[PDB]
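The following structure holds atazanavir.
The chains referred to below are lettered A, B, ... by the order of the sequence lines, with proteins before strands, and numbering in each begins at 1. Method reported for this entry: electron microscopy, 3.2 Å. Just so it is clear, the values below take in all heavy atoms, side chains as well, and ignore hydrogens, waters and symmetry mates. Both ligands and their constituent atoms are indexed starting at 1 by order of listing.
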Amino acid sequence: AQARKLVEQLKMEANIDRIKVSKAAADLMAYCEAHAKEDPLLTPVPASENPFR
Amino acid sequence: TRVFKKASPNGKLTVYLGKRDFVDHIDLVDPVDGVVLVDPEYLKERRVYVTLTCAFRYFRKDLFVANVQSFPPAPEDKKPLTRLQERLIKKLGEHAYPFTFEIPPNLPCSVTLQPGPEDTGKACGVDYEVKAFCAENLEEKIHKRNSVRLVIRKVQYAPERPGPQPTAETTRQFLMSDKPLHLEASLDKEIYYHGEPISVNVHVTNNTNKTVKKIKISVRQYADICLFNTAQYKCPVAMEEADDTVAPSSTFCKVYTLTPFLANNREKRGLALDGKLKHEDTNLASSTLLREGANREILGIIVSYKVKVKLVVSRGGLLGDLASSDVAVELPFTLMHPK
Amino acid sequence: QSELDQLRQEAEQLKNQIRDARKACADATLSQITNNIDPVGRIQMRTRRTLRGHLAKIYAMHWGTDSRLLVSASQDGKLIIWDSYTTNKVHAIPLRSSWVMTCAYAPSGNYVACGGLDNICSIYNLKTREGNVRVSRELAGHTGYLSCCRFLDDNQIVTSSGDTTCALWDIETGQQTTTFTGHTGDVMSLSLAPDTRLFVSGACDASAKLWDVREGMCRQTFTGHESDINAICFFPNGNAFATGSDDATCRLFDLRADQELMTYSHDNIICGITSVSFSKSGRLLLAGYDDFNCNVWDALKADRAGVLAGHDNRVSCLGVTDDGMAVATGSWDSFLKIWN
Amino acid sequence: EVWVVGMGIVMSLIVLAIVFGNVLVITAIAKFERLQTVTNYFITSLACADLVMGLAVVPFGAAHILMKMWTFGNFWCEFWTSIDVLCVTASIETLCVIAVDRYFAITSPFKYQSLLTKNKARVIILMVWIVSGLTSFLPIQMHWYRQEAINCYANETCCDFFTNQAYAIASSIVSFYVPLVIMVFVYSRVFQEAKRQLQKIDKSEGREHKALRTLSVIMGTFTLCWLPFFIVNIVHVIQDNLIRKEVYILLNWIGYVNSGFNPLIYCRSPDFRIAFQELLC
Amino acid sequence: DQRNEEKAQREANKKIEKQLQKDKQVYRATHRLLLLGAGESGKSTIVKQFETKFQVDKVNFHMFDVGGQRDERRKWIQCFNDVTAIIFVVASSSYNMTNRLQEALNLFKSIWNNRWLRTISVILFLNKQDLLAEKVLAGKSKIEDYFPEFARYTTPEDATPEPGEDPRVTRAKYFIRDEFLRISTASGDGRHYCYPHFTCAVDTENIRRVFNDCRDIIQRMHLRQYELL
Ligand SMILES: COC(=O)N[C@H](C(=O)N[C@@H](Cc1ccccc1)[C@@H](O)CN(Cc1ccc(-c2ccccn2)cc1)NC(=O)[C@@H](NC(=O)OC)C(C)(C)C)C(C)(C)C
Ligand SMILES: Cc1ccccc1CC(C)(C)NC[C@H](O)c1ccc(O)c2c1OCC(=O)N2
């Protein structure tokens with residue numbers, strides 16, 4: 001009966017409307033590089049106001 | 001294309017198969033698919049059954065035997081008509097009845113041990129036979145004419161993982177390693193292809209209070225082979241000498257290239273070789289994947305490789321010199337064909 | 001056997017449809033979109049703070065939403081709330097069970113949870129009446145050991161377990177409102193989302209499964225790994241997530257595309273992954289390792305921006321402040337290193 | 001001639017060797033946090049004791065030997081002798097302390113961890129160092145160690161160690177012989193325990209060899225370095241006209257080498273050696 | 001104000017540091033223990049004679065029963081490596097059956113060969129020795145033929161002068177112990193060892209046996225550290 005629940009689980013993911021990887025990758029890269037002028041992990045020491053040093 | 005047919009004798013029961021080099025990359029293996037052609041003009045036995053055997057040898061201490069009944073449709077299984085079989089049915093005609101052997105991970109690679117001169121009549125090692133027969137009963141002796149075998153091999157190729165750089169270091173030993181004396185031998189990579197040299201670098205320091213003689217770089221073959229219980233074997237593959245120039249307080253940083261090749265180890269007894277279909281001139285044995293690096297449990301032939309670096313001291317007297325005064329390290333590597 | 005064979009046939013057909021959908025997103029890979037981005041400046045983060053207050057090894061940690069207070073759980077029965085700025089202690093909480101594999105910090109900074117082999121996800125009330133922090137309402141617990149738990153809010157919490165089922169709790173009543181089942185092996189970690197409406201969970205079945213907290217339908221299963229998934233964290237856009245694995249991989253998945261975007265490796269690393277996190281923009285995909293080091297992977301180049309050091313043991317936890325100001329590494333050496 | 005120049009190079013080599021070894025082990029301890037351990041505190045104290053001598057005793061003694069005319073003065077003669085005695089006594093007593101620590105870690109295994117903590121280790125180390133100070137710098141700098149040398153000590157060129165019998169016996173038994181007895185008992189006990197463990201292993205999983213090859217390095221290098229010196233001291237104090245100044249100095253110097261050997265004796269373990277190799281670049 | 005806040009924070013830091021130094025002092029003196037088994041293997045009276053704090057000879061120990069042990073045992077193995085021993089219970093009357101003895105051997109090999117457990121020594125306990133004797137006295141089941149490895153391991157030359165025994169029982173006991181001894185000597189790490197020991201339904205002695213084996217483990221670890229062994 002486990003396969004009967006497995007087919008129900010796969011049915012929910014069998015009706016998806018996924019998008020192509022070109023649009024997804026372009027959107028991800030563009031968006032998460034546009035809102036990227038804050039990260040102090042990269043671009044270290046934004047100013048003397050580095051709170052941990 | 002070029003399906004390999006065998007044309008079993010008496011003009012009956014021809015068997016066709018695809019590639020005879022079924023591949024086991026790390027785990028999982030291509031099923032042994034094909035079509036057996038049986039003309040139903042006699043039907044004396046009314047039952048044709050094809051079997052696959054992983055028999056080990058030098059008789060026939062078998063490993064895994066499976067049987068398939070195919071003259072009746074055998075409605076229990078519904079294996080799809082393979083890409084080869086879809087056209088094979090049309091090519092062979094009406095009497096093309098398919099067969100497929102889906103083999104789980106059961107037996108190791110088909111590695112045949114090197115026969116000795118005046119000690120070779122048949123193959124000796126691990127091989128698959130794939131017998132076919134037409135018998136009414138289950139285990140009656142067919143032999144005779146309508147019995148056909150077809151030697152197939154399972155081989156493993158190079159995985160897409162170079163691996164780390166093998167390193168080792170030893171520091172002390174009986175009345176030999178006393179003042180600082182360490183070996184920092186390393187390797188280049190973990191995957192090598194047959195006929196391609198392997199290089200090793202040494203970083204001995206010799207800060208000791210006694211001199212050391214020339215080193216001896218060697219390649220070992222750790223062929224773990226046994227059927228009844230377990231055993232272990234270790235035979236040389238290639239070796240190279242060195243020079244007697246290491247002085248106290250001198251960091252020798254030489255590099256050496258060794259090429260394991262079969263042109264010289266022709267007379268070595270027990271040197272494992274890759275699968276031989278019919279007494280052919282094969283290559284050296286390729287190292288196997290040891291139970292996907294998770295189980296370390298085997299039931300057949302294991303071939304593994306490791307280099308060795310030995311150092312001589314040439315002790316000089318009675319001050320506790322005549323003892324175990326040799327330092328050595330071992331670096332494993334996997335020597336495989338590429339694909 | 002007819003029913004089982006039919007079920008297997010439909011499962012094979014559904015798998016064929018799923019792989020067809022995944023492969024239909026082949027207009028490109030992240031190699032055509034790999035150019036025009038300047039290579040990241042070599043990231044050599046230096047330990048700004050070394051939090052040395054724990055006795056036993058460390059498993060998990062979670063920064064507060066104020067980007068100041070970080071919690072940490074140990075096997076000495078201690079759950080210490082540090083002040084990352086002043087490297088001091090604020091609260092140390094004894095645990096009823098010595099072994100714990102998780103901890104969390106409430107989004108409002110009011111509660112802190114834990115959990116471990118005791119099958120108990122104890123919730124603590126930091127804003128006490130007049131004294132030490134008390135165990136508020138120990139959740140009933142699943143049939144397997146708890147692995148990770150994160151807060152939806154102060155009133156709702158979602159927990160993961162080794163019982164193959166994650167569940168969404170309700171601290172007010174203490175009883176599960178819904179339970180998410182469908183995995184095969186033990187669930188190792190989960191991660192919420194910026195919209196706080198969906199969460200995934202990578203299990204021993206080597207399959208990251210997206211979950212919807214409304215009715216519990218596993219909308220998409222993000223398979224692709226060969227070893228069990230140890231840790232997952234959502235992308236800052238709430239649109240992707242990177243899953244670490246024992247096979248030294250850090251494959252990134254996309255919810256919209258529903259397949260792998262990268263596989264992260266260096267052909268030298270053989271140890272698995274212990275924890276994963278992202279920077280504010282997600283460009284610095286962080287990753288701990290079993291070989292006492294942490295490698296900072298670019299989200300687009302797949303080449304490490306730098307390698308961490310220090311901890312002489314498995315780095316079992318990894319976090320980034322909500323403000324992204326710095327990252328915090330914890331390991332089995334009972335020392336928390338803060339890498340600016 | 002060639003004797004003086006030949007000594008001039010070997011003394012320099014030995015002082016650089018001891019200084020470099022001790023400073024290398026001290027930096028290895030200081031660099032990695034994983035190198036901080038309860039026994040590593042004793043190792044660090046021993047390294048400091050054997051290191052301070054490397055820079056403040058060996059060069060001055062080498063200068064005296066090369067040119068036996070102490071021009072540094074009559075006060076720096078006394079100060080140098082004081083730090084000489086302090087450094088050697090601290091080295092021997094720290095060898096004894098490390099030995100007794102390893103003895104307690106075997107005879108009292110369940111009590112070792114809560115008996116020898118960081119506070120207890122610091123108290124023990126301070127108590128050993130202050131005992132060394134109380135017999136090196138109080139007597140020498142306050143002149144409780146003193147007929148033939150009455151004119152020499154007044155003469156501001158000669159710094160020759162003419163210690164009276166009382167201070168000679170007291171300093172010898174305080175610095176070397178008592179730690180020798182303690183370390184002998186300690187290592188007899190640990191050798192017996194190792195033999196018993198080997199016997200248990202042989203009886204259970206069986207299908208002297210290893211204790212000797214470590215006991216020898218730990219309990220015989222220090223012996224062959226110091227014991228001849230600390231017996232020639234009693235020989236030359238009990239009765240004169242027995243040993244000469246040159247042989248006295250030679251035994252002293254062959255004793256000086258254990259403080260440069262002991263990083264190798266007490267730090268050839270992979271956990272510290274990994275950090276040591278990490279210091280290569 | 002801000003200085004006052006910093007002073008208050010420092011006072012809190014000191015208070016927690018002291019209350020945690022006390023915990024460290026009491027924690028270092030307590031050595032952990034892993035109480036293991038195979039379900040119905042016989043970890044029944046051992047857990048009482050899942051916290052099991054007990055102090056023998058003025059040193060405290062506590063064993064932690066794993067609980068359930070559904071599958072993928074390595075998931076919770078990764079936490080139990082700071083312990084000093086793994087009290088692993090073995091059924092020794094389940095030779096016939098599944099082959100629960102073979103499953104116990106396999107899981108013992110798994111525990112032995114984990115990389116994160118490649119330092120922690122496991123103490124054995126072959127339970128149901130009275131049940132083993134009762135089973136072997138009649139011998140309706142083949143003594144060990146279900147485990148066909150018994151074909152040459154007859155007399156290990158290890159004398160067992162225990163009174164009220166039987167030679168077949170002693171031979172079977174030696175085989176069963178060696179079944180784990182081979183796996184123990186397979187990996188020569190030198191830090192973790194094996195302590196195969198006999199138990200019973202009526203034991204009344206393991207309160208001393210676990211203490212002695214833990215003492216041996218600690219001494220062996222210290223000896224390995226100091227290079228004396
Ligand atoms: C890691 O090695 C070391 O650190 N050993 C060095 C070492 O033992 N070197 C010499 C001997 C020596 C010892 C003390 C002062 C000066 C010189 C070795 O070249 C000779 N030694 C031969 C030797 C034999 C006996 C003894 C001995 C005898 C009585 C009392 C003390 N030692 C000394 C040296 N060789 C050995 O291979 C073994 N040495 C040893 O002691 O063997 C048991 C080891 C290895 C076990 C250390 C030093 C301590 C000196 C650095
Ligand atoms: C100054 C000079 C002149 C010639 C040769 C050598 C030296 C240098 C000296 C003798 C000062 N080294 C001190 C020597 O290492 C030493 C060590 C520990 C002791 O307990 C004592 C001790 O001296 C005897 C003693 O009474 N106690």
Query raised in the report: Where do all copies of atazanavir show up in the model?
Result: ligand 1
Query raised in the report: Which macromolecule here is the main partner of atazanavir (ligand 1) by heavy-atom contacts, as listed in UniProt?
Result: Beta-arrestin-1
Query raised in the report: Which other chains have one or more heavy atoms under 4.0 Å from any atom of atazanavir (ligand 1)?
Result: B, D
Query raised in the report: Which residues, given by chain and number, make up the 4.0 Å heavy-atom shell around atazanavir (ligand 1)?
Result: B:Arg172, B:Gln173, B:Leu175, B:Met176, B:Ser177, B:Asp178, B:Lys179, B:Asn209, D:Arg213, D:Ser216, D:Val217, D:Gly220, D:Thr221, D:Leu224, D:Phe261, D:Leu264, D:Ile265
Query raised in the report: What does this entry list chain D as?
Result: Beta-2 adrenergic receptor
Requested in this report: Tell me which other ligands or ions sit under 4.0 Å from atazanavir (ligand 1).
Outcome: none
**Report entry** atazanavir (ligand 1) - covalent partner residue and atom
**Finding:** none
